[PDB]
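Next structure: contains lamotrigine.
Below, chains carry the letters A, B, ... as their sequence lines are ordered, and counting in each starts from 1. Computation of the quantities below employed the complete heavy-atom set of this structure, encompassing side-chain atoms and omitting hydrogens, waters and symmetry-equivalent molecules. All ligand and atom numbering here is 1-based and tracks the order in the structure. Only a part of the entry is shown; contacts are counted within it. Looks like electron microscopy, 3.0 Å, at least that's what the header says.
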Amino acid sequence: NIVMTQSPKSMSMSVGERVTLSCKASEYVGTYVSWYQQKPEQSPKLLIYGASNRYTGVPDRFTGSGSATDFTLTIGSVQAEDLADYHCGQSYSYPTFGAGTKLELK
Amino acid sequence: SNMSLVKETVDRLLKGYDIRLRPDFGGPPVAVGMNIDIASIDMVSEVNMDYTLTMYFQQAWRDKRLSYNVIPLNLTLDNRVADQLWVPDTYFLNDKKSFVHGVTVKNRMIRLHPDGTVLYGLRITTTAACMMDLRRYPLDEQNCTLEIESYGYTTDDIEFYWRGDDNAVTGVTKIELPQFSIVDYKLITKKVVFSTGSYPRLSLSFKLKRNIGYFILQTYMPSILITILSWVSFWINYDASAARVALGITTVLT
Amino acid sequence: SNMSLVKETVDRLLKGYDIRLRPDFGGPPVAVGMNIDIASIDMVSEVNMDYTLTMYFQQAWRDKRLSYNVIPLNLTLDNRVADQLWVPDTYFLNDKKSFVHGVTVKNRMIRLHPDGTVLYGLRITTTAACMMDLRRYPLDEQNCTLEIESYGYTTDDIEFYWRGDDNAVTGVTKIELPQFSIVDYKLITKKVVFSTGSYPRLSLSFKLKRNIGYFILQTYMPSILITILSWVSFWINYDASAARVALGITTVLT
Amino acid sequence: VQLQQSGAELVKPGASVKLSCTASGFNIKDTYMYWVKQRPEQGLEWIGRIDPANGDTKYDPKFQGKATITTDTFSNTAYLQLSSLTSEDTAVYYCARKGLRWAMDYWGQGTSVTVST
Amino acid sequence: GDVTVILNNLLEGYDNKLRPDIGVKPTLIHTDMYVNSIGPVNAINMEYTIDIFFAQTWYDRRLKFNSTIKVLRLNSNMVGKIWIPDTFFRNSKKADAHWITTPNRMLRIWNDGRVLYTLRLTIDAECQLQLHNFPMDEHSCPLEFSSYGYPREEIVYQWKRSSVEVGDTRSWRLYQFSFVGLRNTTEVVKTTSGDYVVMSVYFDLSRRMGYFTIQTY
Amino acid sequence: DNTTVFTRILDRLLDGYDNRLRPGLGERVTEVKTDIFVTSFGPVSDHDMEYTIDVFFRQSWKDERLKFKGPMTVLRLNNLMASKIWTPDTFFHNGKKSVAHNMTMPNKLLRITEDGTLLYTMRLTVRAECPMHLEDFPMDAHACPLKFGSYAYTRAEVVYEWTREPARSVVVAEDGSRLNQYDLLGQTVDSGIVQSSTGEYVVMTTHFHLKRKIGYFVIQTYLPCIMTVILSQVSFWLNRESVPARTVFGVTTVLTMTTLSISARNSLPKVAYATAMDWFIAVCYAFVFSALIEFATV
Amino acid sequence: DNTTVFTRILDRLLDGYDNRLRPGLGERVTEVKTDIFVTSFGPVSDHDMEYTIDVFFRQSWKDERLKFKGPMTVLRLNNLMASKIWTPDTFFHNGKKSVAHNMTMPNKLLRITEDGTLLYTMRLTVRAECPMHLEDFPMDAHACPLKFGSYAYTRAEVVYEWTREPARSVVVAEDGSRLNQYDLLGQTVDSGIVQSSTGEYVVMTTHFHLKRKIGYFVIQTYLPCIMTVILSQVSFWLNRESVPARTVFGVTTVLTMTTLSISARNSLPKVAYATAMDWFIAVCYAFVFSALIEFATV
Ligand SMILES: *[C@@H]1O[C@H](CO)[C@@H](O[C@@H]2O[C@H](CO)[C@@H](O[C@@H]3O[C@H](CO[C@H]4O[C@H](CO[C@H]5O[C@H](CO)[C@@H](O)[C@H](O)[C@@H]5O)[C@@H](O)[C@H](O[C@H]5O[C@H](CO)[C@@H](O)[C@H](O)[C@@H]5O)[C@@H]4O)[C@@H](O)[C@H](O[C@H]4O[C@H](CO)[C@@H](O)[C@H](O)[C@@H]4O[C@H]4O[C@H](CO)[C@@H](O)[C@H](O)[C@@H]4O[C@H]4O[C@H](CO)[C@@H](O)[C@H](O)[C@@H]4O)[C@@H]3O)[C@H](O)[C@H]2NC(C)=O)[C@H](O)[C@H]1NC(C)=O
Ligand SMILES: *[C@@H]1O[C@H](CO)[C@@H](O[C@@H]2O[C@H](CO)[C@@H](O[C@@H]3O[C@H](CO)[C@@H](O)[C@H](O)[C@H]3NC(C)=O)[C@H](O)[C@H]2NC(C)=O)[C@H](O)[C@H]1NC(C)=O
Ligand SMILES: *[C@@H]1O[C@H](CO)[C@@H](O[C@@H]2O[C@H](CO)[C@@H](O[C@@H]3O[C@H](CO)[C@@H](O)[C@H](O)[C@@H]3O)[C@H](O)[C@H]2NC(C)=O)[C@H](O)[C@H]1NC(C)=O
Ligand SMILES: *[C@@H]1O[C@H](CO)[C@@H](O[C@@H]2O[C@H](CO)[C@@H](O[C@@H]3O[C@H](CO)[C@@H](O)[C@H](O)[C@@H]3O)[C@H](O)[C@H]2NC(C)=O)[C@H](O)[C@H]1NC(C)=O
Ligand SMILES: *[C@@H]1O[C@H](CO)[C@@H](O[C@@H]2O[C@H](CO)[C@@H](O)[C@H](O)[C@H]2NC(C)=O)[C@H](O)[C@H]1NC(C)=O
Ligand SMILES: Nc1nnc(-c2cccc(Cl)c2Cl)c(N)n1
Ligand SMILES: *[C@@H]1O[C@H](CO)[C@@H](O)[C@H](O)[C@H]1NC(C)=O
Ligand SMILES: *[C@@H]1O[C@H](CO)[C@@H](O)[C@H](O)[C@H]1NC(C)=O
């Protein structure tokens, strides 16, 4: 069973600055690590299909990095709607998710 | 007279013949009986882990569409009709390079019967793959197979069986190899399962014990005679050192 | 326009044509002019006794059926038309295996002149069998031949000749084999008689001579060197029996 | 295109509960269907997956036996049934299909199972 | 649909035997070649293997259409059904296209009648290697090609500016040699059948010295 | 003659069918679900940097033109209709020379489900180039790729995908290991995109991880070489008075080192750099020569 | 309109002709008159127990359906007509690899005489199996066969025969001797019946009698061997005091016997029983070793 380690467990940042996330894979997963946004009291919404490929309807500020095990999601200018719970999940094997990352404004 | 008759029989038959569909397409599976007459086993090779063999591969099934009730005889049609007739999709899984002989024409047979039976023969030569466990080499008995299977049709579309049981395979007892000796052979019927479905399988295998005596004279005779000529060094007196050194090192380099 | 004109002319020419029958089927034999441009000779094999020759084989005859007058130009038609036009069945008697190169398409030419002349070029690499006396090896001069002949049509139905006399063959002077050197080449026209009838034959020949500059310093100098090395024993005194016998028998061994 | 699910449910512990997930705008046989639970302020957890074209099914090694997934090829519906539930599995259950690169592009609306007396 | 109608209209009244502008002008053919790899360069047979995606494009007024689609992208199924130039590699000892899982050929047809035919080849090309100064020797030897039957007056070839493109050059099987550059030439050669436009692509291959130190020195 | 219904169905399906246009040409992107089942992993030719592999290359997509309504729900077919209908032109990016086995008939399989799904499988032996880094020979390991994708159809038109979970897609048979030098450790699939002058293309990569077996190279080179170094070494126990015995022992030693060295070097592919076995042979030979020259100055 | 009559004749000829029915299928047998002309008798391989031969294989039979009448009595036709007309399915029983050359066109002929006689001659190289008993090597003589019959047409349906006298049917060309190691003594035809699982067939047998040339193994093996036994016999004329001389003589004799024996063992082919050359090398080594042990006793 592949386990995903996602960091940092919570954070806080101001509007309009670079923010980078991280998801680590115990075993190998090629490019099959998907990132999902979940606003509070909303269903998850897919951003990044596979490693580093934007989904339809996503803005251009979002972008991810691909590798064998180390996966990072970066955002440029951050607007005020990004307060939401961001999860990483693999699909090379039977699908598994990480702990998630909670974005806050301060 | 009897030509105009055979001509019209072959034409009404092949007229409206649908090559794409097997006999009894929505019906029960079609049985196919096999016969093999082995012509030769050319070379069992260990550098490549294969053996080349030749056979008269024959198949026999029952196509109801090819039924005729006017002319009373069996018809050996020319081999170029076979591409206009349903033949089962028989393949050998463990072949590496294979061919049907193409001289003077394509060495293939086609033969109909009044009841609807067909007999489809081929002179095939395959380079089947045989993995050989050389741990007990050269006193070893290898077991090399030819695995006959259906490609496109599952085990609910074509059934395979050995036509004639243990007499289905003939000519095994006239194959002489310079390196092995065919001890026996077995004919196994089986059903394999893959992701797409189950399919029929038949196996023909040979226990190839290695012929002894050549390897004795090629290696064991040289090994013993080198070690025997090594031991005259002690018969040579220890005062003369150069001759003993030359003798021993000649043994080692040889 | 020109395109539609060439269209209807070619469609008229190929319509009502019979590939089966040579030009002037009931008339005199057809004159086939032949050019060969030799691109490369290589693999002059002593063990296999053949040699690989790449050439732009070219033929030229006249078909009265393929005659046009509306369009004053030479029609280089696409090479797939060669299937649909008569060409003579020229073959090389002494070839072991040959092939027309097939990249990017079949390397083949069809060109029709306004007078009816066809021009049918091909690119062949042929492994011609060249039987070689090695009694005088390595100071030996060899005679390799390419026997060109028609299979089906007798000498009263087809007629070969060299187009352009001794200019029929070109490029021999540019060939540089590794071991040999093309000294002379000859073009011979004659007829051969078999049981089925008489046929025409053209023979292309090369007189290969071998270069000895390698064979001296490889094979001949070590033998003479070891002979002198054996001769040096005589200046050794008879007392040194061990030295003399060791040197001599080492010369025998090497 | 869009996945609808049943509404929230209030059940006693030790009982059995059956969730529905109906698909519209496409046909379930061409893609896998997945069932994921999310606890209140914890991350996503994958339950299992069903192949509707074949009926083959696989389960998480902590959901084997407890949760069973079935399908109805007529209604374009994926059914999750759970046998016996304790007083910890009160969470929102999401239904999703595989997307382009084996990613869950389309998800359900979420069904919160709740447990009390 | 409508693409089927367009194709059935295109091939109607089409001869694949008459090149375009058969009695009007020569057909300019632009050629490009991506080098997937250069195989081993052995001096025993004076040859080298290469692997490339050969590409050709020309203009053909017969395949002209008016519709809302601008490029039709097709399999190798039509490579036999339309006029293809008879390009061949003049210094090829052996050469064959690739046929697994389908004939590796491309065909694309633009609104203005332009065509782009492209295929994958392994070419076993010959070149002489002047084996003096070995193993500090440099060789730069060609991959020539031209049309077989069509003379200069019927098919004229030409290079694009970004015609030849080498790849990573690290997966290449040039063990003894190191790729240092390439160049493209064009010239007219006299042949008994006529004049022909010949294009050559010289791959500069300086041998890299130091292996033969441990081997022999 | 119950087959009249089925031949009517097939004739209806092929009436007006155009196998030259991909399914859903002007509507969507063709999604091809690919699979591989390795029946036998062939021998790895180290000398040519290639390897052989036998596979039941399996594919599936959806053509809406080939829907039918009949008594049977899956049409299992004679495999010559694959020429009569559209199939994707998948080719192997690193395939050197592969063959589709035609014995007895074309080893091909075509099934058409009721909904229009297709399942086109083929048997074939791939011969693909495996670029090797032989610095650590014979303690080396390789990830020999197998990359394939569509010719002439871009990412916007034909997109490839795995049929099952990517960890469980490329399956190797249990006894399907024809290797004798290497061992097969595991599989590794990956899906990616390659940019080119004609456009973008989907590429699915499969890496097979191999580790060379040291058992034979221990016997061939290292053990004889250690014994030969010891054979140099026992010269020093020999005395200084019997100079002919020691010098002939030394010259015989450097002779067997030379023949062992070229014998070891013939086995490997020719490479432009020094390997671990080459360093071992060079160091141990330096010890042999050092022993000889120390005897000489003694 | 010069050839239009001949076109009309041939179109009338093939109108209603079925090439799938042997001439006389439901009435008579088909008598085939065969002839062979060996343009070259290729080299014989003894490791593989095979040999190569290049022939103009000739056949002839009567087909009543192909009668004509016109401005010519023989319609020498191109090779492609043979496909359009029935031809027998002859094949070589012991053929391993036979190739019908088709450079530049198919090397085939067809002559239709108005009475209906046919003469369908082909060019083809055949590689055939020659089982050899290599006990008398290199003084062995073989009769390497070339059998051929018909596939699938029993003796009741197709029967073969020679067109000329059997002693004057298999004709060998004057300069067709491509044998380098074997000498062709003569040909030998024979006809007979076999039985298989399908029925009885006519087999037409040929035998080429070969004798190996012993002119190279004398100089390669026997003369150096005999001269070395004589050199081993020079030891008995030496005085016993030169012990280093006589022992270097002896050990060199055994070593050169090992070299010549291993050299001759690859010259003679892969085989499972003792040959004449093996007996000779064994006896020569036995005499050398007996000289060695006699030196040891003295
Ligand atoms: C001496 O004798 C020997 C032996 O008899 C002769 O050698 C034979 O020569 C012929 C003619 O040159 C060859 O036939 C053509 O082969 C090519 C493919 O060759 C490659 O693949 C062969 C194996 O076949 C594989 O592909 C075919 C594809 O049809 C498939 O059916 C089969 O199951 C298998 O998957 C290899 O054997 C071959 O290697 C050999 O041949 C090479 C030839 O160039 C040579 O270079 C090699 O060294 C080697 O010797 C090679 O790898 C076929 O593409 C071709 O078929 C097309 O063209 C003919 C004629 O126009 C046409 O009738 C066909 O229908 C087909 O055309 C369709 O497909 C085209 C694809 O490019 C397409 O462009 C067309 O528009 C057309 O499309 C239509 O039909 C398709 C269905 O086909 C349909 O889907 C479309 O929608 C559309 O309706 C020929 O079959 C033999 O292969 C070759 N055999 C051997 C053993 O060498 C030799 O020539 C003789 N020499 C002399 C001087 O006489
Ligand atoms: C692999 O095996 C296949 C079947 O066993 C072969 O398929 C055969 O190819 C032949 C080559 O063209 C076909 O011949 C054609 O037959 C039709 C019949 O109506 C004629 O019109 C054609 O003119 C004729 N071809 C020629 C050039 O005259 C066979 O019909 C065809 N048979 C089947 C059942 O499909 C493959 O060719 C073979 N491939 C190899 C060996 O590479
Ligand atoms: C060559 O190798 C094959 C492969 O292992 C051997 O074939 C195997 O032989 C055994 C015993 O003869 C078979 O066992 C049978 O199993 C069936 C299963 O239902 C059982 O009903 C029978 O009573 C019998 O026990 C086995 O199936 C068969 N095939 C395999 C393992 O694939 C063969 O014996 C070897 N030797 C020769 C000379 O062929
Ligand atoms: C290599 O070998 C060939 C093979 O024979 C040699 O060909 C021979 O060439 C001579 C010289 O032209 C031919 O002699 C001619 O004979 C005719 C007979 O009518 C005569 O009229 C001519 O005046 C001439 O004397 C000879 O026939 C021919 N051999 C055969 C079998 O036809 C060739 O000369 C050799 N040398 C070279 C360099 O090729
Ligand atoms: C390949 O051929 C092209 C076409 O001739 C060459 O392009 C030329 O490049 C020079 C500069 O190097 C320009 O001055 C010319 O105008 C270009 N010609 C065209 C038609 O664009 C290209 O340089 C060649 N490449 C090599 C390496 O020889
Ligand atoms: N320039 C350029 N051209 N073509 C390609 C390319 C495209 C599809 C498939 C493959 Cl195998 C390759 Cl190599 C590339 N990667 N780069
Ligand atoms: C056809 O062959 C079968 C099997 O050999 C045989 O029993 C039968 O008698 C034959 N037909 C006739 C009419 O003789
Ligand atoms: C056609 O070819 C012939 C022979 O090469 C030549 O004399 C003639 O001029 C050519 N035709 C034209 C229009 O140039």
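Copies included, the model assigns lamotrigine to ligand 6.
Per UniProt, the macromolecule making the most contacts with lamotrigine (ligand 6) here is Gamma-aminobutyric acid receptor subunit alpha-1. Other chains, heavy atom under 4.0 Å from lamotrigine (ligand 6): E, F. The organism that the PDB names for chain F is Homo sapiens. The molecule name in the entry for chain E reads Gamma-aminobutyric acid receptor subunit gamma-2. By chain and number, the binding site of lamotrigine (ligand 6) (heavy atoms under 4.0 Å) reads E/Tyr34, E/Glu165, F/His93, F/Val194, F/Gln195, F/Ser196, F/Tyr201.
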